[PDB]
Amino acid sequence: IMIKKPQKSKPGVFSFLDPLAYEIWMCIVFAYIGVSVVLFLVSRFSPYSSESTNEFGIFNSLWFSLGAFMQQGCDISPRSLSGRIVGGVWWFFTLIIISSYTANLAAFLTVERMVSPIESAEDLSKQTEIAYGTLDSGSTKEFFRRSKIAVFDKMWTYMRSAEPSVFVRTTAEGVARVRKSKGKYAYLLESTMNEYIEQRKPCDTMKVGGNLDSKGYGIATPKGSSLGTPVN
Amino acid sequence: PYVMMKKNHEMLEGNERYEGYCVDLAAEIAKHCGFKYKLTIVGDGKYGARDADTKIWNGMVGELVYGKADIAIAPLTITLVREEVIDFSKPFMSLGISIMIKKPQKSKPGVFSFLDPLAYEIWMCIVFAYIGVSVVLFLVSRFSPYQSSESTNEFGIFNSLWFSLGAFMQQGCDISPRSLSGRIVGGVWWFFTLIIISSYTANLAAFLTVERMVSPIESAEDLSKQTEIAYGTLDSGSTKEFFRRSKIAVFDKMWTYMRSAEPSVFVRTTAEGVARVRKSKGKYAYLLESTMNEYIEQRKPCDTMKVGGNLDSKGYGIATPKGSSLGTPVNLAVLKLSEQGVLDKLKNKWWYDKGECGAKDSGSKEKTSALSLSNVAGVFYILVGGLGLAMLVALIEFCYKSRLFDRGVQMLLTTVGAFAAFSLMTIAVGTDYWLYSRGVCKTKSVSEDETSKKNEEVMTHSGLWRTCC
Amino acid sequence: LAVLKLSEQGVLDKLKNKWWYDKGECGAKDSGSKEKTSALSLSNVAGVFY
Amino acid sequence: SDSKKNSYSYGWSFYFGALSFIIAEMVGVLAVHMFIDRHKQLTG
Amino acid sequence: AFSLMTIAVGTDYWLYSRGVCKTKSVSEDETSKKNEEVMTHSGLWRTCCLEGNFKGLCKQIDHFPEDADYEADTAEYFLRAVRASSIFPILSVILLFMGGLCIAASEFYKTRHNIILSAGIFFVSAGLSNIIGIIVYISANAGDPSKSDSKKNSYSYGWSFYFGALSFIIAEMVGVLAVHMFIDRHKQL
Ligand SMILES: NS(=O)(=O)c1cc2c(cc1Cl)N[C@H]([C@H]1C[C@H]3C=C[C@@H]1C3)NS2(=O)=O
Ligand SMILES: NS(=O)(=O)c1cc2c(cc1Cl)N[C@H]([C@H]1C[C@H]3C=C[C@@H]1C3)NS2(=O)=O
Ligand SMILES: N[C@@H](CCC(=O)O)C(=O)O
Ligand SMILES: N[C@@H](CCC(=O)O)C(=O)O
């Protein structure tokens, strides 16, 4: 089975910023600014010296809130009751978001490196998304026709009743249909032909599954030719 | 899948125009009984039923009875009134009356989906444990040291809430207990919050992205409970005759609604019934054969979902006229195909190979995507609400400074609470309305006497001591 | 004809589920499959509370 | 099923036991403040 | 800050996506399909479609679409209805207007000693109403995204969304400076 190789995804330089979305990282910075000023506004409020009872200035408030988010913590801790409320909820904000980061970053490290949407010929039979075709007047077309294996008979039934026709004139036209179908088409061809196409550029074809059967290429003579036995 | 037109049917003539499960089965019946057959569609298009007060069978059964046709290999369900007029073979396929509903869109996780990885009873116990540890830490520290000698340690009731909340949220707190058995309170609570948070953060990304099907109606009992979603069945069918002659109380509630429905819920064909399900935006339900229902579901656009299970078991049978001579070899033929797995093979071939949709072929949907702001928005909502609440309390507190319970007043407060705490506890141990659940009811005390089965397991206001219906 | 009359009235279904399940002696009496993602139970973390 | 086979739902008796917990810890907190007050009066 | 927020609410360049264009005016027509969904500079209230003949001309979006085959639940109805009447952005407009009026009132009327605080309260609260305006806007647009789940649409944000974001940041800093003025007036007192 030859299919279009799935696009090789590139991990970005900032791939660590991927588990949360761009709108989330923007709103976290918006939440970081918004909490710090409110903590500043409550703490450096009217006193009734008493104004300087707190150490939570606006530069100190930004530093405490960054310490809370990064889970490291800071020395200053809010002492007034309304100052504790804003410090408490921002802690509750941090616990959910940072854990959602670490759990998704676990998920982005436990990604299965899947390159096979479809696999060996049973999975080809069980799907309708990707069409599969063969070269006309060829042994591969002949093999699926006179077949008794249950999966192969199912594959031949779909190839007969397919619109548009999956059958191709040559292997090169069969390869070209695979490349321009952006991974929605599969083409069934020989293992050594699949090897040579995969080696050559643009190397966008990937051999998938295993050999369905074993066959051979042999030197052919007409029956009753005198040269048949010396060639053999 | 029983009878259908080929892609090239307009050119083709005779038997090749029709193909399908029953068509190939008609080929297998003809070979084993050695006859020649002609495939004809009945002109009316019905499945066969008695007419109302005319006593004429209309459709397929009427085609058999009035001498028009020699055999009916078709989806004809074996029923009592059909058996009386004409013979049936042994059933070639088994089925059930089943419910069809529009496939609901996958529900998004809610606003409060963050508190989902722990259950409701756990979060309540955490809050109760949070209140508990803070009070104990207050009692241990401020307890008559042997003036401000009491006030040397900084653990008041309001600070002890802050230290415990700091320990739970995994944030460093300014204060530390600085006392044996104060440090024991802190250390055990540290071990508490280590395990509880680790259980919380173990799978939080999975819960915030899981998509759950709502499943409005499970089976016929839930279907009867509301008139919001209408339901109907095919006209002149075994399903209509089944609900008509039904004496089961749930099915009795069905047939009353079937007759007294405006506009008429009955559809002349299944294809109109499926089209009515799709275009009614989930306000219509369709009661149909399970074999047809599984076939409609397995093919695209796959916007229909079968719910629950078969209401009853019945069977499709090849039908012959009463007393005919062809039928007894057809009885022989159906038995032979069942033993030779041909009936096994034909059903497995037609349904499974012609699966042409996403739902049947690869039902599983796998994705490992980034979180989006719709997934986590309640925490942003609570934070902005917490910020607004904090400014409000500070403005109120500024009013209080701009403008103390006495000991006798405080003594009044603890006596009201002590009377309340004793009264509420003794009621709770005494009364028996702790839990509402389906439970062992009391038509008879045991559940084993002549199929009691708790008499349909009614809702039961269970108690700590004993259960009560 | 009588087998059909019993089946259509739900009698054969009522006889069937009664004899197997109700006279059966197993404690579970039914089974179901959990979702791959489900919330924790209090019994699963009761040791921490103790 | 997903909490629906029995649909276990707690009642006012269960909630009153939860309310009995909240009142009992508060009157415990109220009592200790009285004893701290008494020891403070005894010291002075 | 009052200028930037009022511009952002009024203009229609919030979001860039393949959206409903004017080939279907109210989206009830036959076979038209919005010319296969051409690029639309969608706004908070408007859906004007660019790269087309009807460039800059549109009809208001209805935030509760029919024929989308849904039944609104409590959570679904609440998020749509807030975004439909867009109260959280326009509250950020009105609160920032009230605080800016108090700033003008603060320079005259000496010895009041609380008005400069109140404008600082309005300025920080206008910012908080702005953030919940943004979060409602993003979470609503996640509903009915595209053929892919919030990916094929590629809903890039226009300068109007960035101005309301910039409106938030400067309103907070002015809210910080109002508190610094209020503290400094108490130290003089
Ligand atoms: N699975 S199915 O519905 O396709 C199906 C249904 C049935 C099958 C075989 C299959 Cl494969 N055989 C039985 C047959 C065995 C004996 C009892 C009834 C007939 C004779 N009929 S059935 O119960 O109607
Ligand atoms: N509940 S069950 O599956 O044991 C069951 C199975 C069957 C029942 C009745 C019950 Cl209760 N009756 C049907 C009957 C209805 C008509 C079709 C087949 C016979 C005549 N046979 S069945 O399909 O074999
Ligand atoms: N080996 C094959 C190649 C062509 C094909 O696969 O159809 C043949 O000679 O027929
Ligand atoms: N196949 C069914 C169709 C009618 C129905 O479902 O009631 C029959 O002929 O009995």
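Convention: sequence-line order gives letters A, B, ...; per-chain numbering from 1. Order of listing sets the numbers, starting from 1, for every ligand and every atom in it. How was it done? The header gives electron microscopy, 3.9 Å. Only a slice of the deposited entry appears, and the contacts counted are all within that slice.
- The compound at ligand 1 is the drug or drug candidate cyclothiazide.
- For cyclothiazide (ligand 1), the chief contact partner in this model is given in UniProt as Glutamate receptor 2.
- The letters of other chains with a heavy atom under 4.0 Å from cyclothiazide (ligand 1) are B.
- TM segments of chain B (UniProt, N to C) within heavy-atom distance under 4.0 Å of cyclothiazide (ligand 1): none.
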